[PDB]
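Record below includes AZD9496.
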There are 2 protein chains.
Amino acid sequence: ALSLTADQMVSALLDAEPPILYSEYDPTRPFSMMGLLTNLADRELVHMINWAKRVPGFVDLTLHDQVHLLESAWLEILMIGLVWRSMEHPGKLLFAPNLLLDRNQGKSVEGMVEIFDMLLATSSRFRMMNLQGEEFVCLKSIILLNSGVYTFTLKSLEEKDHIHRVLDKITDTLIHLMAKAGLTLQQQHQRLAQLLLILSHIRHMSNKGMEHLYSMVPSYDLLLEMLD
Amino acid sequence: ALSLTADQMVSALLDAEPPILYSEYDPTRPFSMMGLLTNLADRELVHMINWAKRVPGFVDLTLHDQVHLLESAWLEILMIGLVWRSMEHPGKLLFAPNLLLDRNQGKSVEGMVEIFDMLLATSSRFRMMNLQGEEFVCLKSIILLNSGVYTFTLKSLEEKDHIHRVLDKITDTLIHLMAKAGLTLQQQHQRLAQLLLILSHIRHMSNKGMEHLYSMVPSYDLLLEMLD
Ligand SMILES: C[C@@H]1Cc2c([nH]c3ccccc23)[C@@H](c2c(F)cc(/C=C/C(=O)O)cc2F)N1CC(C)(C)F
Ligand SMILES: C[C@@H]1Cc2c([nH]c3ccccc23)[C@@H](c2c(F)cc(/C=C/C(=O)O)cc2F)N1CC(C)(C)F
C-alpha cells in the first residue's frame with residue numbers, strides 16, 4: 001500500500017468500488033420507507049465489508065482495528081455513496097435506481113426530513129464543486145481510515161502510524177489528480193481543503209443519523225463475524 | 001478580508017484571540033463538576049462572540065448567518081480551545097489554569113469520561129503533530145466558518161460564496177505558514193490534510209457533547225441578542 005504510485009492507488013480504489021444496489025419492494029404493488037431504507041443499508045454493509053478489505057492498507061491492520069474503523073465509519077460511508085449517486089438528481093436522493101426520493105417523501109418518518117435535507121445540501125455542494133469519480137473514491141477511503149483513528153499498546157501505536165501514512169498516500173493521490181486536471185498549486189490546496197472540510201459535515205450527518213437509530217445498527221460481533 | 005495577505009490574516013487571528021479564563025470555585029473550600037464545566041462554558045461563549053466578530057470576513061455576513069454559524073460551531077470551538085490548552089499536559093484537560101482535570105475526575109458524571117477520553121486523544125494527536133499557535137488560530141476560524149455553511153435566496157448564495165472564499169484565504173494562510181516553516185510541497189499538503197481531518201473528529205466530539213446536553217445550551221435568541 002505504501003509503495004503505490006498515485007495512478008495505482010486510484011486504479012486500486014476504482015476497482016474496489018462496490019455495486020449500486022436496488023431496493024427490494026414489489027414495483028407492481030402500491031407505494032414502509034424505514035423498512036426500505038433499513039434493508040438497503042443492511043445489504044450495502046455487506047458489500048462495504050468487501051470494499052474495505054480492498055482499500056490498500058486496510059487488511060494490514062488487526063481484525064479488532066478493522067472492526068473499530070468500520071464501526072465508526074459505516075454510516076458516513078453509506079451517506080457519501082448516496083450523496084455521490086444523487087449528485088446529478090437535484091432535489092432527490094438516489095438510494096437506488098428504483099428508489100429516488102425527494103424531501104417530502106422523507107417527511108413520513110419523524111426526524112427524517114432534517115436528515116434528507118442535510119444529504120441533499122451535501123449533494124448540492126458536490127455538484128457545485130464538480131466532484132470527480134476519482135476524487136470521490138479517495139474521499140470515501142479517507143473516511144474509512146480516519147473516522148475511527150482517534151478513538152482506539154505498541155501494536156496500536158504502529159497501527160495508527162500506518163493509518164496516517166496511508167492517509168498521506170491518499171492526500172498525495174488527490175493532489176496528483178488535481179495537478180493532472182490542470183489546477184494551479186493554489187487551486188490544488190484550496191480544493192483539497194474544500195473536499196476535506198465536507199467530510200466534517202458527513203461526520204455530522206452520521207452522528208445525527210446514529211442518534212435517530214439509537215433512539216429506536218450493526219453490532220461489533222456482526223462486523224467482526226463478517227470481517228473475520 | 002479577501003484582500004489580506006497570509007501574514008495579515010495570521011496577525012489578525014492572533015490579535016483576535018480570546019483570553020484564558022479561570023474557573024469560579026472557592027479554592028479554599030473543599031473539592032459540582034457539571035456546574036463548573038457549565039459556568040466556564042457560558043463565560044467563554046461571551047468571549048467567543050467577540051472573537052468571532054474579529055475573524056476577517058465574519059462581520060461581512062448577515063446577522064442571521066452569523067448566528068447560525070455560531071449556533072453550529074460553539075461547542076467545537078470550546079473543545080478545540082481546550083485541546084490546544086491541554087496539549088502540554090499529557091493525560092489532563094486544562095479547562096482553566098485552576099481546573100486541570102484527568103479522566104478519573106470525569107467519571108463522576110455519567111457519560112462524561114467518554115467525552116474526556118476523546119478530548120484527551122485529540123490533545124495527544126495535536127502533541128504528536130507539534131501543532132503551532134498560528135495553525136491553531138487558522139483551524140479555529142475554519143471551524144467557525146465551515147461547521148454551519150452546509151445547513152443554511154440570492155443573499156444566501158452570496159453568503160456561502162463569501163464564506164468559501166474566506167476559507168480559501170485561510171487554506172492559503174496555512175500553506176504559507178508551513179512553507180515558511182520549511183516543509184516541502186509534499187509535506188505541506190500532507191500536513192494540511194492531517195489538520196483538516198482532525199476537524200471531523202472535533203465535529204464528532206461536539207455531536208457527542210450536544211447529545212449529552214439535549215438529554216438534560218445557548219438558544220438562537222441569546223446568541224442573536226449577544227451578536228446583535
Ligand atoms: C437516510 C440515511 C442514510 C441511508 C439510510 N439507508 C441508506 C441506504 C443506502 C444509502 C444511504 C442510506 C438510512 C438508514 C435507515 F433508515 C435505517 C438504518 C438502520 C440500519 C440497521 O438497523 O442496521 C440505516 C440507515 F442508513 N439513513 C437514516 C439514518 C437515520 C440512519 F440517518
Ligand atoms: C467537556 C466538554 C467541553 C467543555 C465543557 N465545558 C468547557 C469549558 C471550556 C472549554 C471546554 C469545555 C463541557 C460543558 C458542560 F459540561 C456543560 C455545558 C452546558 C452549557 C450550557 O448549558 O449552556 C457546556 C459544556 F461545554 N463539555 C461537556 C459536554 C457534554 C458538552 F461535552
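The chains referred to below are lettered A, B, ... by the order of the sequence lines, with proteins before strands, and numbering in each begins at 1. Determined via X-ray crystallography, 1.9 Å. Counting starts at 1 for both ligands and their atoms, in listed order.
The ligands or chains that make up AZD9496 in this structure: ligands 1 and 2. Lab note: main contact partner of AZD9496 (ligand 1) (name per UniProt) = Estrogen receptor. Other chains in heavy-atom contact with AZD9496 (ligand 1) below 4.0 Å, by letter: A. Which of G81(A), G106(A), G209(A), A41(A) comes nearest to atom 30 (C) of AZD9496 (ligand 1) through a heavy atom is settled by distance: it is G209(A). For AZD9496 (ligand 1), the atoms lying closer than 4.0 Å to a non-hydrogen atom of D42(A) are 20 (C), 21 (C), 23 (O). Taking a cut-off of under 4.0 Å to the non-hydrogen atoms of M79(A), the atoms of AZD9496 (ligand 1) that pass are 32 (F). In this structure, atom 27 (N) of AZD9496 (ligand 1) is not in close contact with the protein, since no protein heavy atom lies within 4.0 Å of it. Within the 4.0 Å heavy-atom cutoff, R85(A) counts among the residues contacting AZD9496 (ligand 1). Checked against a 3.5 angstrom limit, the closest N/O atoms of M210(A) and AZD9496 (ligand 1) fall outside it. The UniProt domain of chain A that supplies most contacts to AZD9496 (ligand 1) is NR LBD. Heavy-atom distances show that, of the 17beta-estradiol-binding residues UniProt gives for chain A, the following lie under 4.0 Å from AZD9496 (ligand 1): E44(A), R85(A), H212(A). Applying a cut-off of 4.0 Å to heavy atoms, one finds the binding site of AZD9496 (ligand 1) to be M34(A), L37(A), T38(A), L40(A), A41(A), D42(A), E44(A), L75(A), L78(A), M79(A), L82(A), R85(A), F95(A), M112(A), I115(A), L119(A), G209(A), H212(A), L213(A), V217(A), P218(A).
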